[PDB]
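The next block holds one structure in the form of C-alpha cells; read it before the comments.
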Amino acid sequence: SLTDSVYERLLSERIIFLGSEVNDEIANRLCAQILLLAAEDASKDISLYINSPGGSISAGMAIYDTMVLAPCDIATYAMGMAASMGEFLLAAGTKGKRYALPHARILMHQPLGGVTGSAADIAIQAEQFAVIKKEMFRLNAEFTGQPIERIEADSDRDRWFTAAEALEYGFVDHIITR
Amino acid sequence: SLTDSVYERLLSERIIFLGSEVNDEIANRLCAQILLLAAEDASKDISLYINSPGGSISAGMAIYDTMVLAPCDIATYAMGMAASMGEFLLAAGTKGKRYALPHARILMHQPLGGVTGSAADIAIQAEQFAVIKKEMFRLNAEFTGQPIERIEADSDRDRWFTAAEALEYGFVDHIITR
Amino acid sequence: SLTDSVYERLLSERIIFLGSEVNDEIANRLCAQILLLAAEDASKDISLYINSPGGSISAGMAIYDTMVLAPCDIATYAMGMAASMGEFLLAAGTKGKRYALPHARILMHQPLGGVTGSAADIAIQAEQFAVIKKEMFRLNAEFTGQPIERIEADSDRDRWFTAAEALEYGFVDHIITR
Amino acid sequence: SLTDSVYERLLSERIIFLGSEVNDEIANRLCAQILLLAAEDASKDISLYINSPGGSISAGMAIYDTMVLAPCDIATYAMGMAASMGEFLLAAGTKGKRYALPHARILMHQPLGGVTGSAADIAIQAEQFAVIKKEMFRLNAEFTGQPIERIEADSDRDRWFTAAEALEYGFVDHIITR
Amino acid sequence: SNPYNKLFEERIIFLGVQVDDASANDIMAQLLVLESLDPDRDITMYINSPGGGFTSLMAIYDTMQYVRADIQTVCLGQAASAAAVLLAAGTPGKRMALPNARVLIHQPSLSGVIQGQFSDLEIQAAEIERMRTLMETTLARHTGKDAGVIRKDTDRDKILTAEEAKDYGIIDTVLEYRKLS
Amino acid sequence: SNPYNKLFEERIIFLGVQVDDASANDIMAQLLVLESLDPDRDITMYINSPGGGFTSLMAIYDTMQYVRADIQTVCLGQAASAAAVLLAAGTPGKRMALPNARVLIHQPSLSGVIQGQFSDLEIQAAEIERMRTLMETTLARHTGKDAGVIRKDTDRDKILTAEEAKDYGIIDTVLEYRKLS
Amino acid sequence: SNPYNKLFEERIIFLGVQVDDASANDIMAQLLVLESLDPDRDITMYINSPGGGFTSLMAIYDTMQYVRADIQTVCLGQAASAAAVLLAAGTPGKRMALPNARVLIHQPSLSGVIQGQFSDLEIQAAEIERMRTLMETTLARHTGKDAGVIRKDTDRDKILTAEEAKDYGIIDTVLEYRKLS
Amino acid sequence: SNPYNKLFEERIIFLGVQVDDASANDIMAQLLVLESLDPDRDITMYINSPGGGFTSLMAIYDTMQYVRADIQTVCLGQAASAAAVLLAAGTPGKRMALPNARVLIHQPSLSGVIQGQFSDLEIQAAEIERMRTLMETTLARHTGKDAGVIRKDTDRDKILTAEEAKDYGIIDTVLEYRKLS
Amino acid sequence: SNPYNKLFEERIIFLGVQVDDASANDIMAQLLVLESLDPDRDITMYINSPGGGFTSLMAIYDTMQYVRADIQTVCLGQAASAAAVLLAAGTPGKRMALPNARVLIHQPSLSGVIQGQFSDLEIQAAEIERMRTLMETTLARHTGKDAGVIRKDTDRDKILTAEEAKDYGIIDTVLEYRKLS
Ligand SMILES: CC(C)C[C@H](NC(=O)[C@H](Cc1ccccc1)NC(=O)c1cnccn1)B(O)O
Ligand SMILES: CC(C)C[C@H](NC(=O)[C@H](Cc1ccccc1)NC(=O)c1cnccn1)B(O)O
Ligand SMILES: CC(C)C[C@H](NC(=O)[C@H](Cc1ccccc1)NC(=O)c1cnccn1)B(O)O
Ligand SMILES: CC(C)C[C@H](NC(=O)[C@H](Cc1ccccc1)NC(=O)c1cnccn1)B(O)O
Ligand SMILES: CC(C)C[C@H](NC(=O)[C@H](Cc1ccccc1)NC(=O)c1cnccn1)B(O)O
Ligand SMILES: CC(C)C[C@H](NC(=O)[C@H](Cc1ccccc1)NC(=O)c1cnccn1)B(O)O
Ligand SMILES: CC(C)C[C@H](NC(=O)[C@H](Cc1ccccc1)NC(=O)c1cnccn1)B(O)O
Ligand SMILES: CC(C)C[C@H](NC(=O)[C@H](Cc1ccccc1)NC(=O)c1cnccn1)B(O)O
Ligand SMILES: CC(C)C[C@H](NC(=O)[C@H](Cc1ccccc1)NC(=O)c1cnccn1)B(O)O
C-alpha cells in the first residue's frame, strides 16, 4: 500500500507508530517491530509514536514487555493522544526519552472491562481485575514517579493532561519544541 | 493500487494530501509522511493539500504537532474544502505558505463531540471540552491573527468562508491564481 | 489490478478519467493526477474523460481548481454521461478543448443537498446554499457563455442535453467525429 | 490476480471482454481499454467479447462512443449472452465484424428505468426517457438495418434471438463456426 | 365514549393521520354516516394531516363533494399535500383554519422509485402528470385561481400561513380565538 | 374507568407523550370535548412532554387558545421543545409547574436530514426560520419577553428550573406542596 | 377486576416498571385520583423498579410530594437509580422495605451518547450536573444526609440492603414478616 | 372465567413464566390479594418456571414470606434458578413437587456482559457475590443445609429430580398421583 | 362461547400447539379444573402437537397422571416428540388416534447449541441423558415395551402410523369413522 510503504520507510529509520486502539493485532505488530529493530541495531533508539485512544491491557503489556526487554531505548512520543494503554506505553518509554508533542493530550484512567457469567466466574474476574488494576497503578506510579495512592486517586475516572500537565505529572520527560 | 501509486509519486515531490475526514488512520498516515519527508530533505517545503470535511481534534493535533516540529515549512492548500480540522490544518501552515485555491470553501466551527456516561464522567468530559475548545480557539486566534473573542464568536456555529473571505480573515495567506 | 494498470497506462498518455460519482476520494485522486501530470509536462494537454453521474460540489470544485491552476490545458470529454458535477467539470475544460462524444448526454441541474439541525444551523446552511448555488450558476454562465438568468432558469430541475444540444448551449466546444 | 492476468494477456492480443452488467465501472474500464488499444495500434482490430446481461444506457453509450471514435475496427462477439446494452454493443461493432458464437442468445428489449420524485421531475424524466428510447431504437435500427418501427415493435418486451435469428435480424454479421 | 366519539356526535371528523387508503376509507365511512344521520346539517372536518396519497385524496375529496351536507374544513396545525386539497374542498364560506396552522400545497410526487420499462414509465408519468393536473384543476375550482397559477405556485412546496392561505383562497376565514384562554 | 378517564372528568388532560400528530389530535379532541361539556370551567392541561413537533405544537397551541375555557397548564417533570410553548400557552394567572420540573425552551430543529435541491432547501429553511420566528412570537406574547430576547435565549437549549421559569415568564406560580407527604 | 385494580382500591400503586414518561404519567394519574378519592388516607406506593429517567423521576417525585395524602413507599425487590429517590420520597415514618430488597442509589447518567457542538455539550453537562445536584438535594432532605455525603456515596453504585438502607436514611423500617409463611 | 381465574378462586397462583419484574409484580399482587381474602387459608403457588431474576426473586420471595397465609409450593415440571428458591420458600410440611419435576438450583449469573470501569465492576461483582450469598443463605434456612454445602452444590447446575429434591430439602413431599389416570 | 369453550364443557382439552411452558401451564390449569368439576368423568385430551419441551412435557405428563379423572388421549394429525409421550400417557383402554394421524417418537434434543465449560456441559449432557432415560422409562410403562427397545426405536425419528402405533403400544384403538361422511 501507500500507508504501509510509508510505515515501512519509517521502520527503516526505527520509527514505529502506535496509532490505533491497542488490540492484539496492533500489539503483535509492534512487538514484532520492536523485536525486528532490536535485532538490526541493539544500541540505537526506537522512536515509538503514540496516537492511541487506549486499548487492551494485555495487548499493551505485550508491548511494554517488549519495550523493556529490547536492548534499545524506546523513545516514546505522545502525538495527539496518549489515552489509556496509550498513556501507559507513553510513560513506559526510557526515562529521558518520553516526549509529548506540545498539543498532545494524555488521558489517564483506570482499566475498563466487563464481568460475565456465573457468580463464581465473576468473583474470579474481579479478583483478577483487582490484580490488573493494582499492577497498572503500580507501573504508572513507577513510570511517573507519583505515589500509587495518587495514581489510584487521579486515575479513578478520566484524568486528562496537556503536554505541560503530563510533564509535571511524570508521563513525559520533555516536550518537543523545534 | 493506482491511487496509492499517484500519491506515492506526489510524495516523492513532497506533496501530501489530507483528503479525507481527519481520523487517527489518516492522521498517522500524514504524520508518517511528514516525518518521512522531513527526514529526506529537512530544508524543502512540504505541500499539504486539504480537501477535508473536518475530523477528530486529537488526530488533527497530531498532524499539527508534526507540521510544527518538522524542520520543513508545511505549505498548506485549501483544495475544495477545509472544514473543521481541515481549516485548522490549513491555517496551521507556515505563514506566507497557507494557500487557498480560488473556489475552496473554508468552514470554521467549534468542535463537536458527545457526552456519555455518569454525571461524574460528563463533568470531566465537559471540563475537557472547555479545555479543547479554548485551545482550538486559541490556536485559530494564533493562526488567523483574529482576537480569540472573535474566533469564539464566529466559530459558534458554522462560519463559512470563500477563498477571498478566508484571505481577509486570516486562514490563508494567498490565493493561487495561475 | 487490471483496471488500475490500464488507468496507469493512460495516465502515462495524460488521459485521466472522472468515471464515478465525484466524491472526495475520486476528486483527490484526480487532483493528484492533475498535479502529477502538470509536474511531468507543463505544456502538454491533459485529456480528462467525464463519465460521471454528478457528485459533491466541493469535491468538484477541488478538481476545477486544479484544472484551472494547472499550466496544462485540461481537455474534457463527455463520455456517456456528464451529469451534475460531471457537466460542471466538462464545461470547466479549456475553451476549444471541451468535447462531447456524440451520444454522451449532459445533465444540468441545481445542486442537491440537505438541511439538518436547529433553525440557526439551517439558516446558515441555506445562507451557504445560496452562496454555492450562485457560484455554481455563475461558473456555468462563465463556461457556457449563457446568461446567469438563463442558467438559473434551465438548471431549476433536470435539464438534459444531447451532444448537439450541449454544443449549442455551450458546455462543449466540439463533438468528436472520427 | 489470476483473472486479471489472463485479461491482461488478452489485452495484449487486443481482446477485451464485456463480461458483466454494463455499469459505469465496467464501461470506464472498457473505454480505457479501447483508448489504450487504439493508441498502441490504430489499424489493428479490437475483439470485444460480449457476455453481458445488459446494463446502463449511458455506460453503454460511453463504450459505443469509444467503439466508433477509435480508429480500430471493433469486432464484437456474442459469447453466451448479449442482452440489453450487451446486444447494443454487440450490434455496435464494425459491419462485417459483428459475430455471434453459435449458442449465444441475444436479448433485445426497450430500456428499463425508474421514475422518481415530484411530477415536474417525472415529466422531465419521461421527456428524457422518450429521448433515450428513441435514440436507442434509432441506433438499433441503424445497426441491424431493420426499420425503426420494427425495432420499437420487437423491442417492446423481451425479444430473444438465437445466433441464427440474430444473424437474419441484423445484430451479427456472421456466426463463428470452426 | 372517547372524545373522538363525542366530536362525531357533533358531526366532526378528524383527518388527523396521513391520507392513506386506511384513513380514506375511515373518512368516507364517516362522511356517509353523517350524511345519513342528518343530510342538511354541516359536517365539520378537522384537518391536521401531513397529506400523502392521491387516490386516497380523491376518494375523500369526492365523498366530501358528494354528500348532501356542506363540509366545514378546519385546518388545525397542518394541511400538507392532499390535506390542503381537502382543506380547500370544504364548502365556500366554510373552510376555517386556526391562526398558526400552516397549509402546504405541493405537486404530486412518487414516494420512492417505481421501476419498469420505459413504455411502462411513460404511463406512470402520464398518470403523475394527470394527477398533477387533477390536483391543480381541483385546487382551482375551490380557490378561484387559474390552474396555471397553481402550477406555478405548487411547483415547489408553498407553505401558506393561515392568514396567507385565505389570500390564496385555500381557506375563507382564519377563525378567531373565542376567549383569550 | 382509568385514572386518565377520572382526571378527564375533572377536566384535566395529560400531554404526557411527545407532541406528534397522534398526540396533537388526541389533545385537540379532548380540548374541544371539554369546551363543549362546560365552556366556562377551566380545562387543566398536565404537561410531562419531551416536546417535538411544530405543526402538532401549533395544532394544540391554537386549540388551547381557541376554546372558550381558560387553560391551566401544569408542568409535571418536563416541558421541553414544543411542550414549553404549550406550558406558556396557558391562561395568565394559571400556568403552574411543580417545583422540580424542568422547562426546556429550544429553537426548532429538523429531526434528521431532509434532502433536496437548493431551491427546495431554501424553502425548507425559510420554513424552519418562520417556525423559529413563530416559536419566538408565540413565546413572547405569553412570557412578556421581547422576542429577540427569546431568540438569544433559545439560541441553545435553555433548561429552566420552575423557580426560574416563572422569572422567565413561562409559568406564573411554582405550586406548593399541599401536605408535607 | 385485576389484582392491580384491587390494590388500587386499597390505595396502593405499583411502580413496578422502570420510570419512563409512560410510567410516570401513569403514576401521576394514579396519585391524583387517589388524592381525590380520599385526600386524608395514605397512598401506598410499591416500588420494584430498576429506575431510569430523571424528568420522569421528578414528575412522580413532585406529585407524591404534592398530594394531600401521605405516601407510604415500600421497596419490593429493587429500588435502583430514580426509584431509590422515590423510595426516600415517602413520608417520614412510612417508607418501608422488604428485608431482601436492594436499594441502588446512583448518580444520574446519560443512556448512550448525545452528540453536538461543545457549546451544546456544555449545556447538556450543566444539566446532568444540576440533575446530579437535584438528585443529591432531594435525597438529602429525605435521608437527613448532608448532600456532599450523598455525592461521595452515589459517586459509584451504592447498593444498599434494606437493613443498611434504613441506616442510610432511605427507608425507615425494614418491615417484618407477618406470619412465618 | 378462565382456568387461571378458577385456580385463583381456590387460592392457587401460577408462577409459570420466568421470574422477571412483570411476573414478580403479578405474583406479589396475587399473594397480597389472597392474603386479604383469607389470611388463615393456605395460598398454593404452582411453579413451572425457568427462573431468572434475583430482585424479582426476592420480591416474591419476601412476599410469600411476608403474608399471613402459609404458602404451599408445587413444582410442576421445572423450578430452575430463582424458581427453585421460591420452591424451597414454601411453608415446611408444604412444598410439594410432581414426580417428574426437575429442580435446578444454580448460582446467580449475569445475563450478558455489563461494561464499566473496574471500580464500577468491583461493585457489580460485590453485588453478584452478595446475591450469591443471599441465594445460599435463603436456600439454607429453607433446606436445612449449611450454606457452604449449597455453595458447593450450586457451584454448577445441580438438577434435582423431585425424589432427590426432598433429600436435598428443597421440597418435602413428592406428591403421589391421585387416581391411576 | 367458542368451539374451544364448548369442547371444554364436554371435558375435552386441545393440546394443539407445541408443548412449551405457556401451553403446559394452560393444559395443567385445564386438567385441574376438569378434575375439580367432575373427578370421576373422563377428561379427553386432543393432541395435534408437534411436541417440543421436556419439562413442559413432564409438567403435563405428571398432571394427567395426577388427576382423579382418567385421561383419554386422541391423536388428531400429529403427536411428535413430547406429544407422543402424552399420547401414550392416557389411560389404558383409552388413547385413541385418528386413522391418518402420525405418531413421531423421538429422543430428546437440544434446540440449538448451549455453550459453557466442559464441567458445565457434562451436566447438561447428564441431564439430556436422564431426560432420555425418563422419556424411555415413561414410554415403557405406557406402551409395555422394555425401555431398551424404545432406546433402539427412538434412536432416530420413528414416525408411527396410527395402525402401527397401536402395534407399538402408543395408542390402543385406531378409532373408526362414525358415519361415512
Ligand atoms: C489501559 C488502562 C489505562 C485503562 C483502559 N483499559 C481498558 O479499558 C481495557 C479494555 C479493552 C480495550 C480494548 C480491547 C479489549 C479490552 N482493559 C483490558 O484490556 C482488560 C479488561 N478487563 C480485564 C483485562 N484486561 B484503556 O485502554 O481504555
Ligand atoms: C475541528 C473542530 C473545531 C470542528 C469539528 N471537530 C469535531 O467535531 C471533532 C469530532 C470528531 C470527528 C471525527 C472523529 C471523532 C470526533 N472533535 C473531536 O475530535 C473531539 C470530540 N470530543 C472531544 C474531543 N475531541 B470538525 O471535525 O468538523
Ligand atoms: C453539481 C450540482 C449543480 C448538482 C449536484 N451537486 C450537489 O449539490 C452535491 C450534492 C451531494 C453530492 C454527493 C454527496 C452528498 C451531496 N454537492 C454537495 O456535496 C453539496 C451538497 N450540499 C451543499 C453543498 N455541497 B450533482 O453533482 O449531483
Ligand atoms: C440497454 C437497453 C437495451 C435496455 C435496458 N436498459 C436499462 O434497463 C438501463 C437500466 C440500468 C441498468 C444498469 C444500471 C443502471 C440502470 N437503462 C439505463 O441505464 C437508463 C434508465 N433510465 C434512464 C437512463 N438510462 B438493459 O440494459 O436491461
Ligand atoms: C398534493 C396531492 C396531489 C397529494 C400529494 N402527492 C400525491 O399526489 C401522492 C404522493 C404519494 C403518496 C404515497 C405514495 C406515493 C406518492 N401521489 C400518489 O398517491 C400516487 C399514487 N400512485 C401513483 C402516483 N402517485 B402529497 O402526497 O404530497
Ligand atoms: C420548540 C418547538 C418549536 C418545537 C421544537 N422543534 C420543532 O419546531 C420541531 C422539531 C421536529 C420534530 C419532528 C421532526 C422534525 C423536527 N419542528 C418540526 O416539527 C418541523 C416540521 N417540519 C419542518 C420543520 N420542522 B422541539 O421539537 O425541539
Ligand atoms: C438516580 C436518578 C437521578 C436517575 C438515574 N439517572 C438519571 O438521572 C437518568 C438516567 C437516564 C435514563 C434514561 C435515559 C437517559 C438517562 N437521567 C435522565 O433521565 C436524563 C435525561 N435527560 C438528560 C440527562 N439525563 B438512574 O436512571 O440511573
Ligand atoms: C437463583 C437465581 C437468582 C440464579 C440465576 N439468576 C440470576 O442470577 C439473575 C439472572 C439475570 C437477570 C438479568 C440480568 C442479569 C442476570 N440475576 C439477576 O437478576 C441479577 C440482576 N442484577 C445483577 C445481577 N444479577 B438463574 O435464574 O439463572
Ligand atoms: C421426546 C420428548 C422427550 C421431547 C423431545 N425433546 C426434548 O426432550 C426437548 C427438546 C427441546 C425443546 C425445546 C428446546 C430445547 C429442546 N428437550 C428439552 O426441552 C430440554 C430442555 N432443557 C434441556 C434439555 N432438553 B421433542 O421436543 O423432540
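All chains are named by letter (A, B, ...) in the order of the sequence lines, taking the proteins before the strands, and each is independently numbered beginning at 1. Heavy-atom basis, side chains included; hydrogens, waters and symmetry copies ignored. Atoms within each ligand, like the ligands themselves, are counted from 1 in listed order. Displayed portion only: the contact tally does not extend beyond what is shown.
- The drug that appears at ligand 1 goes by the name bortezomib.
- Most heavy-atom contacts to bortezomib (ligand 1) in this structure come from the chain listed in UniProt as ATP-dependent Clp protease proteolytic subunit 1.
- Going by heavy atoms, the other chains that come closer than 4.0 Å to bortezomib (ligand 1) are A, H.
- For bortezomib (ligand 1), the residues with any heavy atom closer than 4.0 Å are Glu21(A), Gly54(A), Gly55(A), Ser56(A), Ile57(A), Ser84(A), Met85(A), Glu87(A), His109(A), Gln110(A), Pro111(A), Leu112(A), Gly113(A), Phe129(A), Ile132(A), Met136(A), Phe118(H).
- The molecule name assigned to chain H in this entry is ATP-dependent Clp protease proteolytic subunit 2.
- Counting only non-hydrogen atoms and rounding to 1 Å, the UniProt active-site residue of chain A nearest bortezomib (ligand 1) is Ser84(A), 1 Å.
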